[PDB]
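Reading through the structure tokens given below for one structure.
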Amino acid sequence: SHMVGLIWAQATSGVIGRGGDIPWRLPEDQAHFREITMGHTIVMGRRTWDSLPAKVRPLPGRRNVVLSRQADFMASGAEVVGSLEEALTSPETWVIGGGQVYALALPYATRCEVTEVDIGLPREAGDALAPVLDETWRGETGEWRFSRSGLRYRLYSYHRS
Ligand SMILES: Nc1ncnc2c1ncn2[C@@H]1O[C@H](COP(=O)(O)OP(=O)(O)O)[C@@H](O)[C@H]1OP(=O)(O)O
Ligand SMILES: CCc1nc(N)nc(N)c1-c1ccc(Cl)cc1
């Protein structure tokens, strides 16, 4: 067990998901997600696993871990753990969602890698929302850049002891 990180992409408001979908199209965030997580362990909740397309899961080049209370759960190509702490035995672990897993994982986390999408989506009932940090987290909020489509985004890299 070692470094636990959270990785997510949010609208400025904190929305990460609405209606079961990512609320924007941003291939550069796909590339950023891949570059942060490749070669490491990724942890997701069972509902997140179930949402992925059958031919996309497990995400290649990473040790995929699915958290579930169901010992019989089938997650072909991944491992299933029944507690989060077991999900963090790896030397470097990125939690990728969803909200229940972020909330369990936040107390272990010492790094967050965030993509802020410049899009105005005030929160609505039902939205999936980003984890909330505080003034004990510190680090770099990067400059805005345009994606190829013109959607603007910037990157946060935060840490704590
Ligand atoms: N404390 C816990 N221990 C074990 N599994 C847990 C857990 N909290 C959440 N989970 C699992 O993680 C699932 C939630 O996945 P998620 O975090 O991707 O969902 P959501 O996106 O809806 O927040 C839960 O339904 C549960 O899986 P099962 O329903 O298969 O048991
Ligand atoms: C590429 C989307 C993405 N972007 C960032 N920045 N973080 C993430 N956690 C995800 C993501 C969420 C759920 C799954 Cl299943 C896979 C990836």
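When a residue number appears, it is its place in the shown sequence, counting from 1. Only heavy atoms go into these numbers, but all of them, side chains included; no hydrogens, no water, no symmetry mates. Whatever order the structure lists them in is the order used to number ligands and atoms, beginning at 1.
Notes: drug at ligand 2 recorded as pyrimethamine. Of the chains near pyrimethamine (ligand 2), the one making the most contacts is recorded in the PDB entry as Dihydrofolate reductase. In chain A, the residues contacting pyrimethamine (ligand 2) fall mostly within the UniProt domain dhfr.
Of the protein's non-hydrogen atoms, the one nearest atom 4 (N) of pyrimethamine (ligand 2) is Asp29 OD2, 2.7 Å. Of the protein's non-hydrogen atoms, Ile96 O, 3.5 Å is the one closest to atom 13 (C) of pyrimethamine (ligand 2). When heavy-atom distances to pyrimethamine (ligand 2) are checked against a 4.0 Å cut-off, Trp8 comes that close only through its backbone atoms N, CA, C and O. Filtering the residues that UniProt lists as binding substrate in chain A by heavy-atom distance under 4.0 Å from pyrimethamine (ligand 2) yields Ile7, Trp8, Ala9, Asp29, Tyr102, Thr115.
Taking UniProt's list of NADP(+)-binding residues in chain A, a heavy atom lies under 4.0 Å from pyrimethamine (ligand 2) for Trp8, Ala9, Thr48, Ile96. Lab note: per PDB, source of chain A = Mycobacterium tuberculosis. The protein non-hydrogen atom at the shortest distance from atom 9 (N) of pyrimethamine (ligand 2) is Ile7 O, 3.0 Å. For pyrimethamine (ligand 2), the atoms closer than 4.0 angstrom to any heavy atom of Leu52 are 15 (Cl). Remark: minimum distance from atom 11 (C) of pyrimethamine (ligand 2) to any protein heavy atom is reached at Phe33 CE1, 4.0 Å. With ligand atoms numbered from 1 in the order given, pyrimethamine (ligand 2) contributes 9 (N) to contacts under 4.0 Å with heavy atoms of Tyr102. Residue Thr48 approaches pyrimethamine (ligand 2) through these ligand atoms, each under 4.0 Å from one of its heavy atoms: 15 (Cl). Heavy atoms under 4.0 Å from pyrimethamine (ligand 2) belong to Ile7, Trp8, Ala9, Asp29, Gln30, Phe33, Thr48, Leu52, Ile96, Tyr102, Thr115.
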